[PDB]
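Check out this one - rifampicin stuck to DNA-directed RNA polymerase subunit beta.
Below, read A as the first sequence line, B as the second, and so on, with proteins coming before strands; counting in each chain starts at 1. As the structure lists them, so they are numbered: ligands from 1, and atoms in each ligand from 1. Values below: all heavy atoms of this structure, side chains included; hydrogens, waters and symmetry mates excluded. This depiction is restricted to one part of the PDB entry, and every contact reported falls within that part.
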Amino acid sequence: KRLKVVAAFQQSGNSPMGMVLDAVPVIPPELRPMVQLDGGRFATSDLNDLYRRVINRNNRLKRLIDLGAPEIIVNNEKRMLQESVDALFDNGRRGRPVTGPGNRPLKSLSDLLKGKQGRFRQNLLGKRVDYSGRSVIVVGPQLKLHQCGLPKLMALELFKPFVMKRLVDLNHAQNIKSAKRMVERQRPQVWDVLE
Amino acid sequence: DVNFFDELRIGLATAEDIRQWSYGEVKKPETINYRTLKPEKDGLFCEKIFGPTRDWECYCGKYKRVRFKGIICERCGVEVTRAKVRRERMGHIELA
Amino acid sequence: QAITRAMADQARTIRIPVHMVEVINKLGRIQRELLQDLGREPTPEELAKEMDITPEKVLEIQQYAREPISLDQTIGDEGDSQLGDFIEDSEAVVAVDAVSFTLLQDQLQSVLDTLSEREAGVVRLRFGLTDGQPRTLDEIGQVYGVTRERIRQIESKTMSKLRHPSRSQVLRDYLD
Amino acid sequence: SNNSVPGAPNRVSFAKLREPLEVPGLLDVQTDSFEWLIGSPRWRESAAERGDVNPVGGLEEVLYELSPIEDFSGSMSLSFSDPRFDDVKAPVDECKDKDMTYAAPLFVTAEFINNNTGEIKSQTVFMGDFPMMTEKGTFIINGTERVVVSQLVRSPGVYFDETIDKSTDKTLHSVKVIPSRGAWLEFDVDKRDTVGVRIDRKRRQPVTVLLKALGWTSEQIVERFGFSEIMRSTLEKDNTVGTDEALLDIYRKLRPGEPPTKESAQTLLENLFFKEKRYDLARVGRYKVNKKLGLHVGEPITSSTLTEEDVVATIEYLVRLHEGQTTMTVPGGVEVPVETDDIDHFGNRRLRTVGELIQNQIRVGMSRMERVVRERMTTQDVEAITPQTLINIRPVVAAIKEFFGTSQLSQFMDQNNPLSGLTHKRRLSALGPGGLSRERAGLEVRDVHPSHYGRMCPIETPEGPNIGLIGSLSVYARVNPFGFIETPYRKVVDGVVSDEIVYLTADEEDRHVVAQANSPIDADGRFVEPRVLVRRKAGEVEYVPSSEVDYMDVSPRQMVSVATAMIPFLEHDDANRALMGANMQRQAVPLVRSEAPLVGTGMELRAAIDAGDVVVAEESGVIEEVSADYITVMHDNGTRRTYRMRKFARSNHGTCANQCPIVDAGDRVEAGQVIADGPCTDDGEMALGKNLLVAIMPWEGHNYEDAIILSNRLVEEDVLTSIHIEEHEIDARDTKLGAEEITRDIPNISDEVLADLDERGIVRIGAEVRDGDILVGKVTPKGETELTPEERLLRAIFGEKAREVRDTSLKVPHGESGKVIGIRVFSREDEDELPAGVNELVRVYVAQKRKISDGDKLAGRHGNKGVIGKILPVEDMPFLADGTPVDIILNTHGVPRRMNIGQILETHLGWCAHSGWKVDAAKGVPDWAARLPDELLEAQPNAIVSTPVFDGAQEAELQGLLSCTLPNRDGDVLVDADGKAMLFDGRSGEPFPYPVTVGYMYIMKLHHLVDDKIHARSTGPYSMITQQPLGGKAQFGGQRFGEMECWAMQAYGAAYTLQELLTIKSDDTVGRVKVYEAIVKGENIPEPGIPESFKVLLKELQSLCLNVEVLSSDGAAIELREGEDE
Amino acid sequence: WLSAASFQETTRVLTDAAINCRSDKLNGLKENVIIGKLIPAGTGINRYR
DNA sequence: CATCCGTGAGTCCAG
DNA sequence: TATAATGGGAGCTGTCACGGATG
Ligand SMILES: CO[C@H]1/C=C/O[C@@]2(C)Oc3c(C)c(O)c4c(O)c(c(/C=N/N5CCN(C)CC5)c(O)c4c3C2=O)NC(=O)/C(C)=C\C=C\[C@H](C)[C@H](O)[C@@H](C)[C@@H](O)[C@@H](C)[C@H](OC(C)=O)[C@@H]1C
Ligand SMILES: [Zn+2]
């Protein structure tokens, strides 16, 4: 078992030193977004309070070392810094999770990947799509096997840029901007266009 | 931006790799200002580090036009490109 | 002293200066003083007069005191519905509106043609099509090889020539 | 008649005479509890009549547990008493309107006692505004009506379990002591015949170790537990001896890392299990342990804590039950049955109502301010201390605010129909804080327990993943002051049924023997047969002589809930379809006007009244004046009360609550009578649907697979038509570029679009609106950014200067439409109190008069759901002889599979009720109609009847009633004794070859209408992070093409279709824009690019110190629309 | 390691893959769907493509 | 062959 | 920012079936 680890660092010039970090990468802001809602209140990602947690303790370490504090106080901060960077990479892994308001555990970096709601199985193996819809189904004995009854209102929104095309074709609309306004207002023409 | 690339390799990141990625070290815990509602400097949203909030709009406002492209304003050191960059530009924190 | 100072400075996810914290704490203090005095939570108009005598600011203060909420937080009934999944990316570009802009370019390309080379010259000069900047007119006539500011003379020789594609209403549609 | 009590229309009942007791106040589950919390006058009297010695209110209790608050010195002492409310700050109707919380301010008397100075300062403190409950058993939090659901939890106490060993195959006995709040304690028995104990899930140790730690001698261990060999084997294998050595041993295993003093191990063993601070069995926690051990059984409840006597008596209970003993007397205690306990028994399974849930959250808020109190005492000086300075109520107001705002038990009130709300108030949930998770729930928790009889319904429960975890409370059940569920039983002295009734808890019933309700009884009260049907402990049934009958059930319909009892011929439908049928009545929608069903069960009266969505008279009198607006009643004493009608109000679920006056002017009305009724109510009765002319046959495939076929009469006569109101909102805030202003002046809009507005900018009352139109014209100042150099040019030509105001108007959402039936404007200018930053706030209420259409979901009471397949012209309808077209054509195929032939029996009884009948009295009263009550031997056309569940009509009588059916107006009978009738195909003209089952059936219009369910989207809004489309019809989102949905694509081998959906259709930032262009330009679809969501991943791996590089075929790391730099 | 990570035990997969420096040849169904490439099956194979 | 910690435990919808 | 003050506080309760490290 031990060889399976050690031989892996041997082969590829992949140093084992990497398991110890001197600098932690900060994920782009738009991926940890801070948003103002219509209620005036702000909504921010959890990562922002974990990053904030590290830098607050990391800088406090800088002040403590510089002041020449006793090892008892300096070592404490280091332990705190350790748990801080830990709870950033994987929360709940070691010890109790970091709670925010409501005793709610904060999402960590690795929590963005794990399981169902994770970036893999929720956003990559399955995505949401444009040009699509949903409705109640009803038996249609009148239809042939290769047919289906697609609601008039549904089709107009599915084929919306397809219809705008033929509206400016047959001169019902002068441009593409007006053609949109004819489909939105549901003028009687478009039903002839859509068919 | 061709689609066809052959291999996707993963490795154990060096501490030096971390610094090669980052466009600057976050030194403040501060996110934004409480009045201006703008990304405070050397913070988690600092525009010197991650990029402009609005397209081709420099932080201090000395440059507010599409005419300046890739220009690093001297009063706040903000490159002028799309805010599209704030989804791709990295940062880092130097642990003591 | 160190705690309360470091408390006011760090606790806020969005940083407020020390005096601003001194205010809100005074506000919560005068509130709890007027609380037991009126058997009811006091009106903004009432709170204001006692401490700062200004009503507009007290409203503003009470929004500063408001603590933000987390995007990653969810709704209680089901553990799949997170808040950020409802935040519409206001930034993202509308397909039709950007395409309609592109069709506006094809109409101004049918304007650079009917206009002369002198006429389609000052057009892209002070408006800044290829430039991206609007150069001052006293610099435009001197940067261009025709003098006696005849380039401002050609300007009026175009303003009415632009009325014809305007009378064709092919530019009239794209303004509404 | 069935319920001849209030003044209700006559609904004749097939029955055995039910005179035990009327349906109790259905809302008393909510009412009685809140009255205990506040300690209302009506409660203290209710405590008196129940004979409750020294009653303590919900608020009174918290104060006494708290009082007094002293510091470590004992110098200071704060204590509370006498809680009292003022008048409510604002009426209910005003709270719904102004979005404020219906509450009454709470006061208390607090005094600061000081032992040193000997002085006492006493004054009244404000505690905040206290959420009061309506008369309808609801709360109103911020203008939305809410409901507090009762939680089913595991009762505190000591439980014994019998687990079987896998290896040794011997019986191992385990015990577990459960506190209301505190540390854990479980004694278990090994296969090694050595007793062990796990404290708060720490490692196992010999139990004698604990006895020598308590102080008990090693000789007393031999005396008390010597009668077993498993305890002698335990004290023998005992590692160490000595009172000091045991405490040290326990300490060393409990809290490693801390210096063990002889004085520090003695202390925590006292604190972890014997102090009120860290450990606490509730009143139930004490009472339940005591019953199980039988000590201090008579003595009143004073101990809130565990004792040493409890510990020893527990271990004694463990050992005896291990070696086969069946009974045991604890020294100093009465005899107690010894066995293993079923955790799911309703004697051990507890129900905490509204009062306790609020009380608990109150207790939380009090212990918080107590922390601040004990801090504010050591700070300030003794002389200047008043309670006003010590007390911070801010945590209290925040603990009660949060609960109603956040908790999983403060729910949006199910307001589809009056029944929907009624069932919401009587729900029993296991989910929620202090309870269990949905994943944590196994299969035993969910299935039907024997003790559920008469307390909780076994039919009413959700179909989904929540099944078994949520239930309805039974009809006749109520909640006792200890949080358990009682149920009424008739008392039988010696074979003689008495009208004396006693409520029994679950385990109390287990020690007795009960007779089924339908067992034949003498006119005096004696049983008919010696051996009768008898219910016994562990759900076991056997015949037992009448000498042994203790009690008998009140009613046949005792086991069911309120919604369940409204399903005619329930005993004919399998539990599965019967289940849905109960979950679906809640889903019905109020129709323009409502008819009471032709067939009922008698539960339709009391349900509507108790719902509180009808208007009931308080005092008897005469209608002095009636309007559509309000009814004025003149009382006998001379005083006048006036009831204001709710007219066209929007419910929580957008259905239309509309009350109309029943009584005409000058009518003499008695108290408690229905003077005006609301939605889904006809003359004071639950009217969830309409009576429809059914026809059981396959018809041209349009009804295939549970689809439904309708007559156009139902659309031309608004029979299945409903009103739906929406509420649209918008406000004007202060921005950084100025302030949003509501105006009629909107940039680049014709006067044709603005035509339906007023001078303000608001739409005008009575105007009609379509989707996309303007409701409230609001403009906002836009950021002064350099406008387009291509639009600068476009503004010089036409010479039109740009405005700095962008359109931010409130337009009508897609799919919505109707008439504007009222505007509600709030202005900061007109002193209307708004939130900080808002100026003008507008609400527009649009009503839609929706007719029924294809896709709308119709359902009967028997779990027979189905959507509308086709609405034929009225003439196409298979009609009877006299030319009457049927209403609804149900498919035959979907009946005998679902085992719900109750829908059939209702149809048979449905025709009988419509046509009327008359039994043949010549040559006597026929032998089939011999059990038939006299009132039903003759029936009028359009007569209403009752078929109480587990009673009512029998198949014999029903067959007979089909024969008696009166002829139509043309003097011709229409159906036969088979219940069928000949039909003519409205299309071909030829009559159908075989007789078709025809009659009337009660159909409900559920709230699953296509108008709400239909949705589609081309392009729209996109996610902020993943850049994928947003989700939901409300957000104009797209559909999800999930992991499962991709497998189908791959299996097909449709690679390009699959790729397109996951690329240019989804999160290809540049791709989707260019696909739009290529479509409107009639060009070819471009080749997809890199998914922006994949790009997100690599940044998420990178941020985790994972050097991820994309390599080309050569071996060089390439760029992903980005670059690296230090 | 991409197919594996999108399966189960995502944290366990990545720690190992990072250490072993495991290079991924994007030649599989699971692997390709994630990156948006045409799946190496059906109409996606070069024989037909 | 039996314990202790970590990792699994259907989908779409609305909300 | 000079009276003296010196070691925390809520735990969380009803899974289930399995592999790998330890016995
Ligand atoms: C705050 O409470 C929330 C849950 C907390 O969490 C959590 C764990 O504790 C819960 C408790 C204590 C419940 O008693 C409950 C419940 O009784 C119920 C559903 C059913 N959940 N489904 C819903 C979505 N669906 C497609 C899948 C499953 C629930 O989930 C819960 C529920 C939970 O989920 N229903 C039923 O029993 C019956 C059969 C029908 C439902 C009637 C209507 C429809 C609802 O009552 C409406 C009027 C709202 O009131 C609720 C929606 C609440 O929403 C709000 C904000 O008010 C919600 C209960
Ligand atoms: Zn600048």
Chains or ligands belonging to rifampicin: ligand 1
Heavy-atom neighbours of rifampicin, other chains, cut-off 4.0 Å: C, D, F
